[PDB]
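The structure to be discussed contains grazoprevir.
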Amino acid sequence: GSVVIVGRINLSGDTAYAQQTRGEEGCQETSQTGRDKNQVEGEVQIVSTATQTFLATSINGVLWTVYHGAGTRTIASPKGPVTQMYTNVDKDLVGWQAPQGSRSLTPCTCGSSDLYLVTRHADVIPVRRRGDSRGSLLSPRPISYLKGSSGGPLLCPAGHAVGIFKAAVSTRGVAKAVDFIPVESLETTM
Ligand SMILES: C=C[C@@H]1C[C@]1(NC(=O)[C@@H]1C[C@@H]2CN1C(=O)[C@H](C(C)(C)C)NC(=O)O[C@@H]1C[C@H]1CCCCCc1nc3ccc(OC)cc3nc1O2)C(=O)NS(=O)(=O)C1CC1
Ligand SMILES: [Zn+2]
(Lines of atoms letter the chains of each structure in order from A and count residues from 1; the text may use other names and numbers.)
(Lines give C-alpha, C1' and ligand atoms only; values in the text may rest on other atoms or scores of the structure.)
(Ligands and ions follow the chains in the order given, each with its own letter.)
Protein backbone atom coordinates (compact mmCIF):
# COMPACT_ATOMS: atom_id res chain seq x y z
CA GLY A 1 0.00 0.00 0.00
CA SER A 2 0.92 3.69 -0.22
CA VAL A 3 2.02 5.83 2.72
CA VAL A 4 -0.95 8.06 3.62
CA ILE A 5 -0.92 11.45 5.34
CA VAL A 6 -3.09 11.01 8.45
CA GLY A 7 -2.38 14.41 10.03
CA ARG A 8 0.05 17.23 10.73
CA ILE A 9 1.97 18.72 13.66
CA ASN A 10 1.02 22.36 14.03
CA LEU A 11 3.84 24.86 14.65
CA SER A 12 2.08 27.93 13.18
CA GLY A 13 1.25 29.37 16.62
CA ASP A 14 2.61 29.50 20.17
CA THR A 15 1.71 25.85 20.82
CA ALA A 16 2.82 22.70 19.04
CA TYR A 17 -0.15 20.35 18.55
CA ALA A 18 -1.06 17.41 16.29
CA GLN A 19 -4.19 17.70 14.17
CA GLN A 20 -5.26 14.24 13.09
CA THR A 21 -7.04 14.61 9.71
CA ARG A 22 -8.11 11.09 8.71
CA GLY A 23 -9.67 7.91 10.15
CA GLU A 24 -8.29 4.35 10.10
CA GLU A 25 -10.80 3.23 7.46
CA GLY A 26 -10.25 6.43 5.47
CA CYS A 27 -6.53 5.76 5.70
CA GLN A 28 -7.12 2.20 4.46
CA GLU A 29 -9.18 3.25 1.39
CA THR A 30 -6.70 5.96 0.50
CA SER A 31 -3.70 3.63 1.08
CA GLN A 32 -5.41 1.23 -1.34
CA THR A 33 -6.45 3.67 -4.12
CA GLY A 34 -3.33 5.79 -3.61
CA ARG A 35 -5.55 8.78 -4.37
CA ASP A 36 -5.74 11.40 -1.62
CA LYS A 37 -8.09 14.38 -1.91
CA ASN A 38 -7.40 15.93 1.52
CA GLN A 39 -5.88 19.42 1.67
CA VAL A 40 -2.24 19.62 2.82
CA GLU A 41 -1.19 22.16 5.46
CA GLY A 42 2.15 22.97 7.09
CA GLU A 43 5.62 21.54 7.41
CA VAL A 44 5.40 18.39 9.50
CA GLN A 45 3.05 15.67 8.28
CA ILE A 46 1.78 12.66 10.24
CA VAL A 47 2.10 9.64 7.96
CA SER A 48 1.15 5.99 8.29
CA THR A 49 1.28 2.65 6.63
CA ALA A 50 -1.10 -0.23 7.37
CA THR A 51 0.84 -1.01 10.58
CA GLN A 52 3.03 2.01 11.58
CA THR A 53 2.60 5.73 12.13
CA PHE A 54 5.38 8.29 12.01
CA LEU A 55 6.22 11.83 10.88
CA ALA A 56 7.31 13.41 7.63
CA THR A 57 9.09 16.77 7.32
CA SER A 58 9.19 19.18 4.39
CA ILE A 59 12.65 20.77 3.80
CA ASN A 60 13.69 22.48 0.55
CA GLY A 61 10.64 21.32 -1.45
CA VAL A 62 10.98 17.64 -0.52
CA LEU A 63 8.89 15.79 2.09
CA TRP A 64 11.41 13.78 4.08
CA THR A 65 10.89 10.70 6.16
CA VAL A 66 12.63 7.57 7.48
CA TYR A 67 13.15 4.53 5.25
CA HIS A 68 12.54 2.20 8.24
CA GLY A 69 8.97 3.53 8.34
CA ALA A 70 8.04 4.02 4.70
CA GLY A 71 10.17 1.34 3.02
CA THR A 72 9.93 1.70 -0.77
CA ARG A 73 6.28 2.79 -0.72
CA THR A 74 4.58 5.34 -2.91
CA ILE A 75 2.69 8.24 -1.27
CA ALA A 76 -1.04 8.69 -1.83
CA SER A 77 -1.68 11.94 -3.70
CA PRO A 78 -4.37 13.91 -5.61
CA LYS A 79 -3.14 12.55 -8.95
CA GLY A 80 -2.42 9.08 -7.55
CA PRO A 81 0.53 7.20 -6.03
CA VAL A 82 3.93 8.87 -6.21
CA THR A 83 7.18 6.98 -6.30
CA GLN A 84 9.95 8.15 -4.05
CA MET A 85 12.27 10.72 -5.49
CA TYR A 86 14.90 9.88 -2.88
CA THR A 87 15.60 6.61 -1.14
CA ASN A 88 18.86 5.90 0.71
CA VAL A 89 18.89 2.90 3.03
CA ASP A 90 22.33 3.51 4.65
CA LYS A 91 21.05 6.94 5.61
CA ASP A 92 17.56 5.56 6.41
CA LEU A 93 16.28 8.41 4.28
CA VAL A 94 13.41 8.79 1.82
CA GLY A 95 11.90 11.78 0.12
CA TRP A 96 8.97 12.63 -2.08
CA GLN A 97 8.07 15.78 -3.85
CA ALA A 98 6.50 17.98 -1.18
CA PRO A 99 2.73 17.81 -1.65
CA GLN A 100 0.78 20.71 -3.08
CA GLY A 101 -0.30 22.85 -0.16
CA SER A 102 2.67 21.94 2.07
CA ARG A 103 5.25 24.37 3.39
CA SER A 104 8.96 23.74 3.84
CA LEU A 105 10.93 24.55 6.92
CA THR A 106 13.77 26.92 6.19
CA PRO A 107 17.17 25.25 6.86
CA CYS A 108 19.03 26.45 9.96
CA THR A 109 21.87 28.87 9.22
CA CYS A 110 22.51 29.90 12.86
CA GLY A 111 24.87 27.22 14.24
CA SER A 112 22.87 27.14 17.45
CA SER A 113 23.16 24.12 19.73
CA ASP A 114 19.97 24.65 21.79
CA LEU A 115 17.86 22.38 19.55
CA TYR A 116 14.21 21.23 19.80
CA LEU A 117 12.60 17.89 18.86
CA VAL A 118 8.95 17.91 17.70
CA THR A 119 7.39 14.53 18.59
CA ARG A 120 4.26 12.85 17.18
CA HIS A 121 2.54 14.05 20.37
CA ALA A 122 3.54 17.59 19.44
CA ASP A 123 5.69 17.94 22.57
CA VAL A 124 8.77 20.13 22.08
CA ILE A 125 11.82 18.75 23.92
CA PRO A 126 15.05 20.65 24.34
CA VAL A 127 17.91 18.77 22.68
CA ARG A 128 21.57 19.84 23.10
CA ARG A 129 23.50 19.11 19.90
CA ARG A 130 26.50 16.91 20.71
CA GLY A 131 27.95 16.16 17.28
CA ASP A 132 27.57 16.00 13.52
CA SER A 133 24.36 13.97 13.88
CA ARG A 134 23.64 13.62 17.61
CA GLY A 135 21.88 15.60 20.32
CA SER A 136 21.62 14.71 23.98
CA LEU A 137 18.30 15.21 25.75
CA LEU A 138 18.18 17.53 28.73
CA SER A 139 15.30 15.55 30.21
CA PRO A 140 15.60 11.85 29.32
CA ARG A 141 12.45 9.88 28.50
CA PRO A 142 11.51 6.23 27.93
CA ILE A 143 12.02 4.94 24.36
CA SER A 144 8.26 4.41 24.08
CA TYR A 145 7.89 8.17 24.61
CA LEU A 146 9.83 8.94 21.42
CA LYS A 147 8.59 6.02 19.38
CA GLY A 148 6.47 6.99 16.38
CA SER A 149 8.27 10.35 16.11
CA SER A 150 10.90 9.49 13.46
CA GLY A 151 10.84 11.68 10.37
CA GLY A 152 10.16 14.70 12.61
CA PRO A 153 12.28 17.86 12.65
CA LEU A 154 14.97 19.05 14.99
CA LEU A 155 14.64 22.82 15.20
CA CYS A 156 17.04 25.67 16.02
CA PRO A 157 15.80 28.52 18.26
CA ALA A 158 14.67 30.48 15.14
CA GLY A 159 12.27 27.69 14.11
CA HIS A 160 14.54 26.33 11.37
CA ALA A 161 15.12 22.69 10.54
CA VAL A 162 18.49 21.33 11.72
CA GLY A 163 17.88 17.64 11.01
CA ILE A 164 15.31 14.85 10.82
CA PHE A 165 14.90 12.55 13.86
CA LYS A 166 15.91 8.97 13.09
CA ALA A 167 16.87 6.81 16.05
CA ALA A 168 17.16 6.92 19.84
CA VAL A 169 20.36 6.02 21.71
CA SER A 170 18.98 3.90 24.54
CA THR A 171 20.44 2.74 27.86
CA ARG A 172 18.12 0.54 30.00
CA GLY A 173 15.24 1.39 27.67
CA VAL A 174 15.69 5.10 28.42
CA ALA A 175 16.57 7.40 25.53
CA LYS A 176 19.36 9.72 26.65
CA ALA A 177 20.26 11.14 23.22
CA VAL A 178 18.78 11.31 19.74
CA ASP A 179 20.31 10.42 16.37
CA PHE A 180 19.34 12.68 13.48
CA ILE A 181 19.79 13.19 9.75
CA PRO A 182 21.29 16.69 9.41
CA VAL A 183 19.93 18.95 6.61
CA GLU A 184 23.43 18.93 5.08
CA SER A 185 22.91 15.22 4.31
CA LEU A 186 19.58 15.95 2.60
CA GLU A 187 21.26 18.50 0.31
CA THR A 188 24.03 15.93 -0.49
CA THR A 189 21.15 13.66 -1.54
CA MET A 190 19.24 16.31 -3.49
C1 LIG B 1 12.25 5.51 19.57
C2 LIG B 1 12.30 6.62 18.56
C3 LIG B 1 13.21 6.40 17.38
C4 LIG B 1 13.09 7.41 16.34
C5 LIG B 1 12.63 6.01 16.05
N6 LIG B 1 13.58 5.20 15.31
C7 LIG B 1 13.73 3.93 15.44
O8 LIG B 1 13.04 3.28 16.19
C9 LIG B 1 14.85 3.41 14.77
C10 LIG B 1 14.61 2.44 13.62
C11 LIG B 1 15.73 1.42 13.76
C12 LIG B 1 15.85 1.31 15.20
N13 LIG B 1 15.67 2.65 15.74
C14 LIG B 1 16.10 3.10 16.89
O15 LIG B 1 15.87 4.22 17.24
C16 LIG B 1 16.80 2.26 17.72
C17 LIG B 1 15.90 1.55 18.80
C18 LIG B 1 16.67 0.37 19.31
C19 LIG B 1 14.61 1.07 18.22
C20 LIG B 1 15.53 2.46 19.94
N21 LIG B 1 17.96 2.96 18.28
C22 LIG B 1 19.21 2.82 17.82
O23 LIG B 1 19.36 2.07 16.90
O24 LIG B 1 20.16 3.50 18.41
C25 LIG B 1 21.50 3.30 17.97
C26 LIG B 1 22.55 4.36 18.08
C27 LIG B 1 21.83 4.14 16.79
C28 LIG B 1 22.47 3.40 15.68
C29 LIG B 1 21.85 3.82 14.42
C30 LIG B 1 20.50 3.19 14.20
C31 LIG B 1 20.21 3.06 12.78
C32 LIG B 1 18.93 3.69 12.38
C33 LIG B 1 18.21 2.83 11.56
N34 LIG B 1 18.46 2.87 10.27
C35 LIG B 1 17.82 2.09 9.45
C36 LIG B 1 18.09 2.13 8.12
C37 LIG B 1 17.43 1.31 7.27
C38 LIG B 1 16.48 0.42 7.74
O39 LIG B 1 15.87 -0.36 6.84
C40 LIG B 1 14.92 -1.27 7.19
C41 LIG B 1 16.22 0.39 9.09
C42 LIG B 1 16.88 1.22 9.94
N43 LIG B 1 16.62 1.17 11.19
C44 LIG B 1 17.23 1.94 12.01
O45 LIG B 1 16.98 1.86 13.29
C46 LIG B 1 11.07 5.85 15.80
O47 LIG B 1 10.31 6.48 16.48
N48 LIG B 1 10.62 5.03 14.83
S49 LIG B 1 9.07 4.83 14.50
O50 LIG B 1 8.40 6.04 14.32
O51 LIG B 1 8.41 4.20 15.57
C52 LIG B 1 8.87 3.73 12.90
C53 LIG B 1 7.59 3.86 12.20
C54 LIG B 1 8.79 4.46 11.63
ZN1 LIG C 1 19.13 28.43 13.05
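Chain A is numbered as in the PDB entry; the shown residues are, in order, 990-1179. Atoms within a ligand are numbered from 1 in the order they appear, just like the ligands themselves.
Here, the model contains grazoprevir as ligand 1. The single protein non-hydrogen atom nearest to atom 8 (O) of grazoprevir is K1136 CE, 3.0 Å, given as residue, atom name and distance. Close approach of grazoprevir to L1135 (heavy-atom distance below 4.0 Å) involves ligand atoms 1 (C), 2 (C), 47 (O). Of the options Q1041, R1130, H1057, the smallest heavy-atom separation from atom 43 (N) of grazoprevir is shown by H1057. Taking all heavy atoms of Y1056, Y1134, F1169 into account, the minimum distance to atom 40 (C) of grazoprevir is reached by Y1056. Close contacts between grazoprevir and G1058 involve ligand atoms 54 (C) [criterion: under 4.0 Å to a heavy atom]. Here atom 5 (C) of grazoprevir lies nearest to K1155 when heavy atoms of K1080, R1123, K1155 are compared. For the ligand labelled grazoprevir, residue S1159 lies outside the 4.0 Å heavy-atom shell. Close approach to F1043 involves these atoms of grazoprevir, each under 4.0 Å from a residue heavy atom: 50 (O), 53 (C), 54 (C). Nearest-heavy-atom check against atom 17 (C) of grazoprevir across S1122, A1059, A1157 picks out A1157. Polar contact with grazoprevir: present for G1137 (N/O pair, distance under 3.5 Å). Residues of other chains with a heavy atom under 4.0 Å from grazoprevir: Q1041, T1042, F1043, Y1056, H1057, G1058, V1078, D1081, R1123, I1132, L1135, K1136, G1137, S1138, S1139, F1154, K1155, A1156, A1157.
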